[PDB]
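This entry carries amitriptyline.
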Protein chains: 2
Amino acid sequence: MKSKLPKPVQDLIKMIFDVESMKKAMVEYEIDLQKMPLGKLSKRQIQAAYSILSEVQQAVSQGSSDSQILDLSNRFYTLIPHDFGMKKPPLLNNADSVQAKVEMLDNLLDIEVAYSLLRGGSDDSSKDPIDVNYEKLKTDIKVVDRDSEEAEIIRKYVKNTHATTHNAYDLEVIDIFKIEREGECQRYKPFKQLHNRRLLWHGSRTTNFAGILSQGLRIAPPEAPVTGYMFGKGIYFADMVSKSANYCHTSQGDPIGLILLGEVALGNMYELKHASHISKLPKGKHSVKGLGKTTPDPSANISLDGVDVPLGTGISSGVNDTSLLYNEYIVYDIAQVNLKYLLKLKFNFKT
Amino acid sequence: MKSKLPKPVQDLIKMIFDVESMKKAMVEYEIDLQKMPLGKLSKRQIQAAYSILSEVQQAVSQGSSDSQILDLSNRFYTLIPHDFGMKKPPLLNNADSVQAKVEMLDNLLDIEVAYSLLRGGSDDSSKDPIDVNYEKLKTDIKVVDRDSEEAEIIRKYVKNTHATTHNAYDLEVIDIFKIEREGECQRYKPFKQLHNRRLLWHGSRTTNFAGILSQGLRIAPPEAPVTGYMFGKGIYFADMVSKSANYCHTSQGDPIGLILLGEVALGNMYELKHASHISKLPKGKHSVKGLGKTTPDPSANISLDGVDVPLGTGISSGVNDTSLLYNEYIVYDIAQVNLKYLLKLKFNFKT
Ligand SMILES: CN(C)CCC=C1c2ccccc2CCc2ccccc21
């Protein structure tokens with residue numbers, strides 16, 4: 001037999017469970033596949049890499065030992081064998097290169113999760129590869145009818161909240177999905193009637209979604225460095241679709257992007273303007289909001305599900321002083337999130 | 001007519017007002033005294049630079065390339081011209097670049113005042129150069145007696161809290177001064193009975209004190225960038241004496257230094273492990289305490305003026321994954337500072 005699932009859902013399955021995507025991703029980070037193939041990648045290898053980053057974090061603040069900073073930077077490339085050709089490997093000596101690497105490792109973690117879930121579970125040849133992988137995702141994925149007003153709303157969300165400055169592309173909705181991950185309905189219960197609930201985007205690289213649908217969105221591991229993530233070890237969302245759409249890291253080769261809508265229990269937002277690395281919040285606040293100059297228009301806010309959907313146009317909130325152009329909201333407890341809709345998108349680049 | 005004041009107070013006045021020390025301190029910041037002499041300084045000149053730093057802060061955080069950020073780095077040097085040997089103008093393009101040039105302007109502002117005071121007054125050849133300048137400070141400086149228990153309290157507090165990581169030099173007390181700025185006790189009235197009030201170290205470069213005694217301690221202006229300081233714009237402190245003493249920035253060429261002892265209404269503390277650039281606390285909080293790896297023994301505290309004087313030996317606090325070797329405290333409200341003692345110290349080096 002062959003799969004009897006909806007056709008766009010099948011396409012989605014072959015997208016996130018894609019080997020050549022995974023091998024290509026490691027090459028984008030200029031990694032030696034001969035010394036380190038996809039098979040020999042592991043979970044703790046990365047945890048160790050994270051500790052190397054945590055080491056450098058401490059090394060910079062806790063005194064001035066720039067000698068060691070090299071030896072650890074060099075040790076990183078030993079841990080994760082790269083192949084730049086003739087070019088110099090970028091020195092890990094500051095906040096930029098630190099931040100740079102954690103994002104890779106976060107992706108590497110998700111690829112290990114994906115390939116482990118691919119080789120995980122059961123051998124059943126009499127079924128189809130698609131049905132098998134679907135059942136491994138632990139997620140009911142329904143195609144949303146493009147008529148349904150929720151779709152129209154979703155379109156009006158994306159349509160308006162494309163920011164002007166991110167001019168390199170423009171967007172359109174290929175496929176929408178009503179995902180339901182097993183357990184998250186119960187996990188989200190304690191924050192269900194917490195005040196100030198907003199539907200927000202989470203953008204991510206195609207392949208990660210295998211891990212993002214099986215295990216949900218997670219906080220960085222204990223090994224990870226807090227300085228590597230601007231606001232710290234939480235989970236990052238945006239109200240503008242373009243902001244998250246950049247975190248799809250779409251290319252000319254890979255123009256199709258996946259992005260999520262998610263119900264987040266924010267409540268009392270620790271309103272901030274600049275970087276502030278932290279593991280936990282003060283007694284009172286339940287989340288952070290990085291305030292940006294541009295923002296979705298507040299008068300155009302609405303309520304589907306009894307939840308806020310700010311889909312107004314980008315307007316200049318009179319925000320004196322900020323490192324961020326656009327807004328972003330961050331919660332630091334994984335239960336505070338409930339995922340709703342997954343959107344396959346098309347990035348048509350300009351010339 | 002010669003002065004009525006004590007010898008120690010006279011040598012103190014001279015030291016801070018020594019113009020040649022100011023001229024000298026500006027050279028350490030690579031300032032060109034041809035294009036930017038001491039006389040040609042002004043308040044807005046420096047505040048204009050702060051705005052341009054604040055503009056780079058964003059340029060840096062958003063990863064604008066070396067060809068783009070070029071213009072902003074030269075814009076800064078345009079305002080404040082520098083003496084670069086025979087070099088090309090060094091590119092300002094990271095956190096430290098900012099942090100370094102931020103701590104510069106602080107001084108430039110504090111030095112401006114000193115030069116502004118020497119000149120902004122009435123001269124009189126009959127009256128003493130010193131006494132006239134003592135008037136300018138608006139401070140009732142009194143020489144502490146060597147025996148009085150308060151002297152012996154300070155001696156031990158200084159004696160014990162010299163950190164092992166800063167042992168390249170070793171300090172000894174020369175002079176101690178009980179001080180009271182005019183009106184400063186009026187400012188403290190609301191906070192004088194607040195819970196958790198401590199006496200803490202605050203050491204700045206010799207040349208700044210004129211402005212500190214005149215204006216009181218000060219937070220950075222509105223124009224300044226928040227990312228120039230580890231915990232944003234405020235009033236920093238320390239419970240370890242060597243830590244604060246390092247910002248006197250003494251050397252073999254200038255082994256004389258000054259350092260303060262201010263009462264601080266910490267109250268409810270927002271404890272933190274890592275860099276958190278802010279200009280406003282979470283509600284309920286009054287001060288910030290950086291969680292140090294090392295702490296003055298909790299059981300070795302005593303009361304003077306009903307204030308918590310922390311003068312124990314150095315021990316491990318028992319904190320994992322922190323960026324601070326020792327506690328540094330930051331209040332974000334001028335009103336929560338009251339100055340009590342100013343010490344003159346010889347920095348005896350191990351050359
Ligand atoms: C003139 N006044 C306002 C100086 C402020 C106080 C300090 C200081 C002193 C002791 C411990 C920490 C800090 C914080 C950092 C810092 C950086 C540069 C210059 C001074 C300072």
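Chain A is the first sequence line, chain B the second, and so forth, proteins listed ahead of strands; every chain is numbered from 1. Atoms within each ligand, like the ligands themselves, are counted from 1 in listed order.
The name UniProt gives to the main binding partner of amitriptyline in this structure is Poly [ADP-ribose] polymerase 1, processed C-terminus.
By chain letter, the other chains having a heavy atom closer than 4.0 Å to amitriptyline are B. Across chain B, the UniProt domain dominating contacts with amitriptyline is PARP catalytic. The deposit credits the origin of chain B to Homo sapiens.
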